[PDB]
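Overview of a structure with TNG462.
So you know, we letter chains A, B, ... as the sequences are listed, proteins then strands, and number each from 1. Reckoned from all heavy atoms, side chains included, excluding hydrogens, waters and symmetry mates. This depiction is restricted to one part of the PDB entry, and every contact reported falls within that part. In each ligand, atom 1 is the first atom listed, and ligand 1 is the first ligand listed.
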Amino acid sequence: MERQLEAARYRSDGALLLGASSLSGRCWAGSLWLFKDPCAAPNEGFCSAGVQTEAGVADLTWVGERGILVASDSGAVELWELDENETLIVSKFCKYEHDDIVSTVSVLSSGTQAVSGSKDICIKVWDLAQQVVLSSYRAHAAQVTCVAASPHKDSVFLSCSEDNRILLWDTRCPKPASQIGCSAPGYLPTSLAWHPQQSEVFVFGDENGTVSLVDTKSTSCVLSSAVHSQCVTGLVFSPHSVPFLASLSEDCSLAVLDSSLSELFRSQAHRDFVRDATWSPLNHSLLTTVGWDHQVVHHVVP
Amino acid sequence: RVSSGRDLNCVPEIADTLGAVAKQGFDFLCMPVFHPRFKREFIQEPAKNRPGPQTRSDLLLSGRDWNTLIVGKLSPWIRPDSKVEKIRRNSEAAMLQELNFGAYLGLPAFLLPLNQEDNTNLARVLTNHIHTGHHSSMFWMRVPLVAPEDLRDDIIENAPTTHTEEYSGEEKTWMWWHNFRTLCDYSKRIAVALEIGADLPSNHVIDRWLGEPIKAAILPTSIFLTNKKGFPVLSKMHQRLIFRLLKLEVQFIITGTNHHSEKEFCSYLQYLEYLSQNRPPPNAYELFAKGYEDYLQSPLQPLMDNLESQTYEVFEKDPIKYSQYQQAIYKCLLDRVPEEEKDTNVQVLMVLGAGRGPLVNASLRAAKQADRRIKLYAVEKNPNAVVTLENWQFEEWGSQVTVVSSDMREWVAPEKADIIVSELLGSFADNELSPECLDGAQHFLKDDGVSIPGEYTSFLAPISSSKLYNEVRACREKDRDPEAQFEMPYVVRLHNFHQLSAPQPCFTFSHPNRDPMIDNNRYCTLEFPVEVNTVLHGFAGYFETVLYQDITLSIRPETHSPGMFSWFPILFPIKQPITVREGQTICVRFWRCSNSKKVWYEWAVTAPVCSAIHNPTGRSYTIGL
Amino acid sequence: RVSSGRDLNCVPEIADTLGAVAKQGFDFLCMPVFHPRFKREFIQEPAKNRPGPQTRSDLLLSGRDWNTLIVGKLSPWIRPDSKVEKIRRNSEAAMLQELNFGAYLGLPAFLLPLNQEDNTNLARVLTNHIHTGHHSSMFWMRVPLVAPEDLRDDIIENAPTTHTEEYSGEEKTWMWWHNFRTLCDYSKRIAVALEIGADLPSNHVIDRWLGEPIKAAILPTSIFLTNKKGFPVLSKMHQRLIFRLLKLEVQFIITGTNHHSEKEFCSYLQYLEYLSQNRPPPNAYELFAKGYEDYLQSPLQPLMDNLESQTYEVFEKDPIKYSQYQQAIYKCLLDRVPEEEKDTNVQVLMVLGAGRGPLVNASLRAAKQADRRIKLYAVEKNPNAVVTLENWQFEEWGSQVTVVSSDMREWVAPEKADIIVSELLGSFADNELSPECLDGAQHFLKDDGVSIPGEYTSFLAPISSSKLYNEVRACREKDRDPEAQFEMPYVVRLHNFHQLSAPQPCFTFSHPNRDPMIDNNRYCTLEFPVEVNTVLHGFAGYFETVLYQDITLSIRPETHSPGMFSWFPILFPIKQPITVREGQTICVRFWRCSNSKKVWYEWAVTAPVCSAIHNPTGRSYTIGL
Amino acid sequence: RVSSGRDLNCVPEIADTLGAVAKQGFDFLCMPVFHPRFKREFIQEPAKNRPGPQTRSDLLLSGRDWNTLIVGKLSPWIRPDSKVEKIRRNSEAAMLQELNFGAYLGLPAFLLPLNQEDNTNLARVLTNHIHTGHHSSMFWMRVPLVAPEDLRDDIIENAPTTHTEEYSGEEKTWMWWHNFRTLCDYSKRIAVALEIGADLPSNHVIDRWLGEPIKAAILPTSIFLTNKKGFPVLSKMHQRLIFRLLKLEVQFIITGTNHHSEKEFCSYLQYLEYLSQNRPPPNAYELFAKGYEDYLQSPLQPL
Ligand SMILES: CCc1cc(NC(=O)C(=O)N2C[C@@H](C)CC[C@@H]2c2ccc3sc(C4CCN(C)CC4)nc3c2)cnc1N
Ligand SMILES: CCc1cc(NC(=O)C(=O)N2C[C@@H](C)CC[C@@H]2c2ccc3sc(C4CCN(C)CC4)nc3c2)cnc1N
Ligand SMILES: CSC[C@H]1O[C@@H](n2cnc3c(N)ncnc32)[C@H](O)[C@@H]1O
Ligand SMILES: CSC[C@H]1O[C@@H](n2cnc3c(N)ncnc32)[C@H](O)[C@@H]1O
Ligand SMILES: [Cl-]
Ligand SMILES: [Cl-]
Ligand SMILES: [Cl-]
Ligand SMILES: [Cl-]
Ligand SMILES: [Cl-]
Ligand SMILES: [Cl-]
Ligand SMILES: [Cl-]
């Protein structure tokens with residue numbers, strides 16, 4: 001396996017999905033892995049399925065239970081299908097419609113469409129069944145840092161880029177994008193996370209290590225907390241009814257926050273950037289994190 | 001054809017990628033030297049101590065491949081101008097690391113992006129890197145023709161793209177470059193990689209880049225329209241732009257993924273080649289003067305210096321101008337000698353400045369074409385050319401031509417001349433002191449005599465060319481004024497520049513000059529209307545001469561004699577470039593001064609802002625009598 | 001092979017003569033531009049007004065033929081230094097005329113003769129011509145190896161040729177040149193066309209011309225001996241001289257009529273070609289360094305500057321030196337670890353200054369050759385080479401090699417080293433500050449530890465090379481001391497020079513240096529015996545180094561390691577050349593100074609005459625710590 | 001106190017005039033080297049051949065007097081920037097003649113006027129004169145604080161003086177200087193002789209000249225108000241300006257005839273001296289650092 005682990009996503013039945021890349025050395029490629037034994041990761045020997053991609057992987061997301069959506073460095077969006085035996089991983093399609101690196105992907109609520117953001121300033125909507133791009137938007141003025149599909153609406157999603165714009169979308173509207181000024185022109189947004197229960201509320205991290213809670217109704221920065229010392233790379237809510245919020249950062253630390261953005265758990269276990277973190281559907285207090293130190297850490301949250 | 005390269009931000013195997021782009025026909029490859037997403041920390045632990053290797057090894061390619069085929073790219077996560085202090089300090093070290101590794105590989109060029117107004121700290125770090133160990137490193141500044149904010153789709157509900165006119169704002173992307181280019185003190189190792197988008201702006205936004213050091217033009221695959229068969233093509237405006245760029249001889253860089261997936265990557269490059277081949281082939285003038293494009297040469301001084309042989313040789317290879325001289329002499333002969341006196345009236349015809357004898361042969365051909373008698377004098381002060389003249393006179397001309405080896409201002413003629421034919425003009429007409437020479441030679445001209453040329457006039461026009469400005473600036477020599485190179489003209493085949501106003505006449509001389517109070521000193525003021533914002537760097541100079549009646553010669557672009565390649569335009573630069581806005585008027589002053597020994601030009605801009613008086617007392621440039 | 005030309009003083013038809021000399025195989029032709037017997041008067045009438053043409057026309061050849069094939073010759077009747085005033089002024093005018101015509105033709109070279117002691121006015125006129133309308137014109141000074149007076153037959157009754165010893169007089173023909181060369185202030189456009197006579201003088205008279213700009217060697221047909229078959233050949237001494245000249249890559253010029261009349265003119269040129277082919281083929285060292293002959297380069301500073309990739313590459317392409325290092329490490333391993341401890345005793349072996357890892361591989365090979373265990377540290381402060389080191393360590397070396405990316409003077413080692421291996425030496429041994437680096441790295445060396453190299457020593461030798469002196473003189477740059485180029489050393493493959501005394505050791509350093517009062521400052525005085533008359537222009541510098549016991553490296557010409565091409569010699573020049581006579585001793589002083597930040601060399605000649613102290617306070621050259 | 005000079009355009013006897021201005025207390029005298037109305041022709045005959053002498057002799061004063069006491073003045077008829085080509089060519093030679101004679105006398109300074117926007121050819125001729133034989137010659141550019149057009153009385157019926165605000169226009173007289181100063185490439189031998197009028201402009205027009213090489217301040221007798229006793233005084237704003245100029249240590253030049261005819265010429269200079277003495281005496285800081293005013297020194301490096 002390549003050193004730099006990028007994505008860790010739990011499947012509903014408990015299986016863990018890993019997406020890794022090699023960001024140094026002779027080869028700059030990537031790989032996908034499925035582990036039905038979670039504690040066996042990242043060891044390639046005790047593995048359930050594995051595949052080597054031509055190029056690295058920037059973001060990753062599940063498509064149901066057998067589909068794996070990949071944003072590639074090659075500018076491609078790639079759908080890999082899982083084998084009948086769930087021992088092989090085969091490329092269902094690989095479309096080169098983005099010009100630069102595809103840096104983020106997110107599946108819409110219906111599970112039949114997806115949204116992708118790329119370093120080519122563009123954002124693209126995809127019909128996964130037809131394997132085509134329905135809509136292509138150029139709403140930002142800098143590289144798109146994150147796209148996050150709404151869990152409840154198939155026409156709504158959030159996006160954030162280095163042009164300091166946070167955009168709420170509604171593909172039904174003629175002008176789908178809408179800028180959320182929050183408080184006032186602050187630091188660049190880097191991560192987005194919808195609230196699982198309330199559809200009017202979300203959270204975003206910035207490059208200065210601050211995580212903020214915003215309500216679209218009030219269109220104003222409801223809350224903000226200086227959680228990390230460096231850029232915030234990911235925000236993932238817990239599946240429980242009372243949602244815990246895991247925050248990742250380039251300071252090599254993980255933080256767990258409550259409703260009021262107060263710090264609960266904190267792990268210095270990673271000695272490199274923390275890339276992804278997913279909660280186990282079999283134990284809603286277990287949280288699996290990955291990083292560029294090739295380390296897969298399982299945390300127990302009180 | 002086209003020199004070109006492929007821009008990729010994804011390189012899994014450097015050897016396989018290079019082989020692929022070579023088989024696709026590309027000449028070079030722009031690629032990242034570190035992985036684009038592999039952000040690095042230089043201050044705070046633990047990521048500070050990330051174990052290497054930090055990138056791929058330099059052994060994977062030969063030194064020649066690094067030197068010729070690989071163009072480095074700054075990683076997109078490096079933000080030297082971030083409002084966050086931590087990110088700024090970290091990106092400083094990251095940019096230094098990547099630039100130092102690019103120089104370590106010996107790469108011919110390194111791409112750095114400009115996509116906001118404030119690139120001050122980026123410019124500071126790059127300027128410090130340039131002055132830390134002098135190398136042959138070149139730097140291409142990726143500047144978009146249209147800013148990404150002014151290219152976005154109008155799909156934001158509460159942030160609409162304003163549909164109103166903004167002249168200066170539409171050019172902001174150049175301002176960026178300009179400021180950056182000014183912050184680095186006009187480094188010759190910093191150039192432009194102009195990126196072209198889907199929507200092309202107004203023609204003035206494009207003309208803005210005239211006179212700028214554009215080494216590369218970046219075309220994405222997104223801007224290519226699809227053909228009926230499925231091939232990639234471009235709009236007619238994009239094609240006009242491609243031709244304009246091909247004239248500047250820039251390298252074209254394809255970026256983005258292949259969207260015309262039925263074909264190969266060869267299709268985009270093939271469209272570019274097909275455009276390049278289907279351009280009108282080079283005419284004789286452009287064919288000869290293609291190598292002289294923007295080549296700075298000092299003005300010749302045929303009076304003070306004796307010209308070499310090959311200089312006269314390139315003068316003689318110009319059939320258009322000698323045909324013009326022959327026709328003028330023919331018409332003058334017909335107008336002076338009636339038909340009933342063709343065998344009784346012989347004309348005294350003196351060639352003042354004969355060279356190696358092209359004007360003598362032209363006079364003979366005109367005489368036999370007009371069916372008249374002429375006695376020829378070939379006056380030349382260059383004895384090395386007098387050798388050629390006397391060999392010609394012995395072997396061919398005979399006693400009809402009398403060779404006179406002296407200066408026309410000193411020669412005591414045995415008889416007075418009906419016609420005097422001279423070739424003493426320069427690029428600025430009188431910059432080689434034809435007025436003084438023909439004035440000294442005027443006493444042996446008959447009272448009803450004719451001078452060919454009968455008149456000449458100089459023309460000036462303000463130009464913008466940061467390229468030529470930096471070329472002049474690089475002419476600083478030891479043991480003289482550090483700014484003397486700006487206070488002297490240069491004969492140059494102008495290219496990659498921008499005329500800012502229509503040429504206007506400067507100085508005019510007439511021969512013969514019956515005036516009692518003869519004075520060749522001149523003082524002229526010129527007001528040039530400017531319709532566009534730009535930066536004045538100097539003044540182009542041309543001339544027009546009337547040889548006889550409607551027979552004229554000219555290098556002035558509007559009335560340029562077709563196919564004549566004896567003179568190139570001249571250039572009077574200025575020390576400091578002058579910002580000019582739309583509607584402003586460039587007012588320039590020009591003096592032609594002289595004493596007993598020297599003649600020189602002084603000039604100074606008075607509007608929209610004053611400059612220093614250039615070449616005062618001819619301290620930097622003089623023309624010897 | 002040989003580039004050559006034919007010298008003729010009789011040219012009836014220039015085209016026929018050029019075609020003949022071309023079909024004979026010659027590359028160029030030395031011919032008069034005016035008829036040799038056609039004396040011209042410039043002052044007194046009536047001959048002053050002689051009707052032209054004064055010579056043949058410039059139309060008779062193409063510009064390329066004038067530029068490449070024709071070498072001009074000064075007419076023999078021109079005597080600028082005549083005792084008669086009239087002849088002096090007339091010859092001034094004629095010499096100016098002929099030189100100006102040669103420049104008008106664009107000739108690549110122009111021959112002027114030196115055949116007496118006083119050529120002062122000739123030098124004055126030529127110097128004025130050089131500084132009047134400067135072109136790329138080159139001038140060959142025809143100087144005979146032996147004066148015609150000292151070659152004449154002893155057939156004058158009342159004027160016998162003295163058969164006694166005169167060391168200085170036998171070299172008078174060089175003095176001529178020297179004086180002339182000094183009068184023209186060492187013009188780069190003035191060179192030597194050494195004419196070789198029948199009798200060759202003593203070896204010192206010939207060695208006099210070592211270090212002089214010899215562009216041409218003139219051979220007459222009279223000096224050629226006749227072969228058994230009837231072909232022309234030369235004596236063994238003449239052939240030795242021909243080989244010595246071929247090393248300098250001079251052009252050979254045949255003069256005189258064909259005396260071996262049975263054959264063609266091809267025979268002389270064919271003998272020269274046959275000599276050129278039958279020379280020992282180029283050795284690898286000379287093959288690589290042929291292009292570097294007398295090329296001045298600034299010394300590398302691997303400590304202050306991070307070296308580029310291809311520099312490390314040329315360092316690694318040297319199998320002899322790495323074989324030597326491997327053998328030294330092998331012997332040290334054997335001497336430190338007994339046979340009965342080969343599997344129990346593991347050695348700490350630190351490569352300080354690892355580069356891209358040739359010494360690491362050498363250490364591994366030496367370990368497996370000696371059958372011993374080693375743990376390797378690869379210390380390197382250049383991060384760009386640390387990239388290569390870490391790629392090697394990941395892909396090949398494994399955990400056996402630990403790469404350390406820091407300075408050896410700052411690194412806090414985890415364990416102490418049994419052996420430390422370094423290649424921090426320069427051309428002058430310590431000019432790259434190997435002593436300071438190895439002193440800072442000495443604390444993590446074991447009490448009984450070994451340093452490879454264990455010792456090194458620098459060597460100096462006075463040299464004579466007006467060529468290299470003028471090359472250094474031409475390194476003057478704007479914005480600094482006009483004489484700073486003389487106060488700094490240059491790494492250069494020495495060629496066309498003359499060592500004046502056997503090299504003597506200058507500075508010596510030993511590692512480890514257990515001395516309590518460590519001081520790397522040095523002050524050395526050197527007395528070099530000189531057996532010949534010459535002119536000191538600078539001091540060549542070499543080094544020897546003991547890596548371990550009898551394993552040594554050396555660029556010193558006497559003990560030079562065979563086939564090693566990692567270092568070229570160094571050169572410390574002086575501002576003013578110093579005349580040295582036979583028997584005199586050149587006493588030079590050298591200082592190695594330093595402060596907290598910089599190390600530099602100061603030097604000054606004290607005998608036979610004092611010079612200025614060069615590079616005081618390192619004002620012109622410093623080596624950064 | 002005050003270093004000062006007297007500006008006269010009428011000098012019948014140079015010795016008598018110099019003695020008079022010396023007895024009046026002045027330190028120098030600005031006077032014409034050629035008669036102001038004695039226009040000369042350099043091209044067209046017959047006036048081209050006007051018999052000499054063209055001016056008074058250089059023997060009439062000692063070399064020291066020429067070096068220290070006499071400031072030359074360009075004749076007012078010389079118009080190098082005239083729209084008429086003949087007048088332009090003639091004034092070029094006239095200006096060269098007068099400048100060369102001033103340098104021949106070894107005068108410490110030479111006054112030249114700026115009273116229009118276009119002084120380009122004037123600047124060209126002066127720049128050529130500066131670079132023709134290097135001397136210690138200094139040149140004072142007479143620039144009015146307010147242009148004569150913006151100072152005239154509103155007494156023209158069909159050409160009224162506009163009573164509206166114009167910020168940049170009110171400073172035009174500096175622009176002139178600036179352009180001139182830029183055309184001569186910032187010559188150290190070219191300075192300002194700021195002329196002060198009756199009406200003082202806005203404070204920004206005055207502040208404009210902060211940081212400019214003002215060597216002389218020209219005061220006419222017309223701007224002096226009359227005292228109850230009959231002496232000459234100035235307004236409070238004029239006095240503030242005089243203090244500001246005294247801080248810069250400029251030389252004050254009195255021009256115009258004596259209008260307070262009951263007194264002598266000593267009265268104007270006495271008012272200036274009385275203003276200079278009645279200024280707060282130098283404190284310790286200014287006393288120590290008076291010589292260090294605008295003295296460039298490299299920064300110390302005690303480490
Ligand atoms: C028709 C009559 C005529 C023509 C001209 N025309 C020009 O001068 C002119 O535009 N060009 C530009 C182009 C056409 C080439 C020719 C000539 C030009 C200009 C500048 C230099 S410098 C230079 C080097 C020569 C070798 N040496 C050792 C160093 C100086 N050679 C040239 C040659 C001027 N005068 C008269 N009378
Ligand atoms: C074995 C270990 C070793 C060797 C040496 N040897 C030398 O230096 C030396 O003799 N040569 C001469 C020949 C063999 C070639 C290599 C090297 C040399 C010297 C001077 C310069 S200047 C230069 C330019 C490069 C391009 N950049 C942009 C500008 C500077 N490149 C060189 C290269 C010194 N030190 C140590 N440690
Ligand atoms: C054809 S370029 C102009 C020619 O006129 C010659 N020429 C220029 N000035 C004079 C002069 N005053 N008298 C004679 N020939 C001249 C030059 O030497 C050159 O051959
Ligand atoms: C093989 S050329 C000399 C090598 O030693 C390295 N070097 C020189 N001085 C030091 C030092 N003080 N610490 C570490 N490496 C050094 C240089 O970077 C270069 O790679
Ligand atoms: Cl422009
Ligand atoms: Cl353009
Ligand atoms: Cl005309
Ligand atoms: Cl002689
Ligand atoms: Cl230095
Ligand atoms: Cl100001
Ligand atoms: Cl003020």
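- Every copy of TNG462 included, the relevant parts of the model are ligands 1 and 2.
- In this structure, the main binding partner of TNG462 (ligand 1), as named in UniProt, is Protein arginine N-methyltransferase 5, N-terminally processed.
- Other chains in heavy-atom range of TNG462 (ligand 1) (under 4.0 Å): B, C.
- For TNG462 (ligand 1), the residues with any heavy atom closer than 4.0 Å are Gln297(B), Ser298(B), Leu300(B), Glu308(B), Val314(B), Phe315(B), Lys321(B), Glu423(B), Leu425(B), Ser427(B), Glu432(B), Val491(B), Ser566(B), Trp567(B), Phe568(B), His135(C).
- Protein heavy atoms are absent from the space less than 4.0 angstrom from atom 30 (C) of TNG462 (ligand 1).
- Organism of origin for chain B, per the PDB: Homo sapiens.
- Most residues contacting TNG462 (ligand 1) in chain B map to the UniProt domain SAM-dependent MTase PRMT-type.
- The authors modeled no covalent bond from TNG462 (ligand 1) to a chain.
- No N or O atom of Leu300(B) sits closer than 3.5 Å to an N or O atom of TNG462 (ligand 1).
- The protein non-hydrogen atom at the shortest distance from atom 23 (C) of TNG462 (ligand 1) is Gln297(B) NE2, 3.4 Å.
- Among the atoms of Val491(B), none of the N or O lies under 3.5 angstrom from an N or O of TNG462 (ligand 1).
- Looking only at protein heavy atoms, the nearest one to atom 9 (C) of TNG462 (ligand 1) is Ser566(B) O, 3.4 Å.
- The overlap between the UniProt S-adenosyl-L-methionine-binding residues of chain B and the residues with a heavy atom under 4.0 Å from TNG462 (ligand 1) is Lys321(B).
- Polar contact with TNG462 (ligand 1): present for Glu432(B) (N/O pair, distance under 3.5 Å).
- Those other ligands and ions that come closer than 4.0 Å to TNG462 (ligand 1) are ligand 3 (5'-deoxy-5'-methylthioadenosine).
- Residues of chain B that UniProt gives as binding protein and that have a heavy atom less than 4.0 Å from TNG462 (ligand 1): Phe315(B), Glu423(B), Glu432(B).
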